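This file shows Fusion protein of Cholecystokinin receptor type A and Endolysin complexed with lintitript.
Along the sequence shown, the residues carry numbers beginning at 1. The basis for the numbers below is simple: all heavy atoms, side chains too, and nothing from hydrogens, waters or symmetry mates. Every number for a ligand or one of its atoms is a count from 1 in the order of the listing.
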Amino acid sequence: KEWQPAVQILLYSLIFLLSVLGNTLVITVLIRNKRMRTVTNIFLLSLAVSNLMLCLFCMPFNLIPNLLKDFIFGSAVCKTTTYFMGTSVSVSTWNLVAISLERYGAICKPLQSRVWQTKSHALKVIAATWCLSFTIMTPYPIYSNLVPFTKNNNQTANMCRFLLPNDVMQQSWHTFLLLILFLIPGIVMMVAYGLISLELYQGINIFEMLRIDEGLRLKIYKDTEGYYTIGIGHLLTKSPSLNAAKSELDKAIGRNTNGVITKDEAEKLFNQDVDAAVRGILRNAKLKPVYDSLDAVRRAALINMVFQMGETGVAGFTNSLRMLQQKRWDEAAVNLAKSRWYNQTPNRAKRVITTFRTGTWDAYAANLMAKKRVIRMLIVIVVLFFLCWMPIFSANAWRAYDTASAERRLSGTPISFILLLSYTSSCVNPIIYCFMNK
Ligand SMILES: O=C(O)Cn1c(C(=O)Nc2nc(-c3ccccc3Cl)cs2)cc2ccccc21
């Protein structure tokens, strides 16, 4: 027709510049701001280098020859742009897989797999991803060649084509590429994001709530009351002596801690603490009638209070425990903010009282909600990456099995736009981070 040539220039140019702009924008802000270089964003940086390689060493060398309807570059350029195109897909695919396993480790087995978060391990897999991508994709420059053909009236021209010795090898390669670039990467991705999405669904528990309430302090310190505490809000002694606290501390674990303590000992102590607080609620015969009456998240709010003030300190709140026992939530929330507890620690108390009033985790779900946003962003990046690349890989496979039916139904504009879908992948992710703001 007569529009295709114009629309192709319109579209391929928009896509080329967007991809060049966005990927280098992303490479810039990442090497600039090293606070931004998490483990996640380090694979995101290696994904962005591929997108750029594909935009610069592949997009022109595949559209210009498609517009000219003639491959006017060298035989070596033909071998090259084929080589970087296969490498790009490979790296991107396995970086997405890297991210999914990294997030899985950080969300589903955080204090069980620390190894996969070390940012030196992040540069180890990335180095392995490029190296092995280049190695596995070496048949492209080996078997890529100019195929001479004659447009009408004997005007001789060439075309860059990838031709392995016979039909069986063609079929075996494209089936192998479908396996190691989409089927296997797709399901490892899917099992990971499914488990990630399982944990993130269950939401916030009492250990999460109490971890936000108090943080982690690895050396002795004081509370708003003035008593010595360690780790995640574990009360050592109320005596003013630091010597009685260094003493009570050393007895919490083992060795002479000399004041500073490991994270795994805080967590070991912090689980015994939550153990202690729930045991108190069920041993105090004034709290337990109220505990029984609350749902899971309001139970956690009661556990939070006994964690902070003790079994005996909290059963003192007889007025408020009546109104909770009687499902009167707004009421008991007014009252709890008139207390010394609220006045001593208002931020923590406002949170706990909201939990009591609403029976939800709204007061504590900020870190969870940011995590959900991130994972939902990765699931969109993956899904559009498959959406963008399956067409061209499915067409090359159909060409390796039935070259007649494949070229007869695609060779004009259908493959011209399928190709364009593929190059559109390299400019998708930078627009996605853009919308991840406002
Ligand atoms: O060959 C053509 O000129 C048009 N074409 C094409 C086509 O453009 N195949 C290409 N595959 C890649 C590629 C894809 C994945 C990894 C590495 C690489 Cl290099 C770059 S270009 C397929 C097809 C099917 C039926 C008819 C015409 C057809």
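Counting every copy, the structure places lintitript at ligand 1.
In chain A, numbering the UniProt transmembrane segments from the N terminus, a non-hydrogen atom under 4.0 Å from lintitript (ligand 1) occurs in the following: 2, 3, 4, 6, 7. Near lintitript (ligand 1), within 4.0 Å on a heavy-atom basis, the structure shows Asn62, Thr82, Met85, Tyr140, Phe393, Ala395, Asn396, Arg399, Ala406, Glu407, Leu410, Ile415, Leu419.
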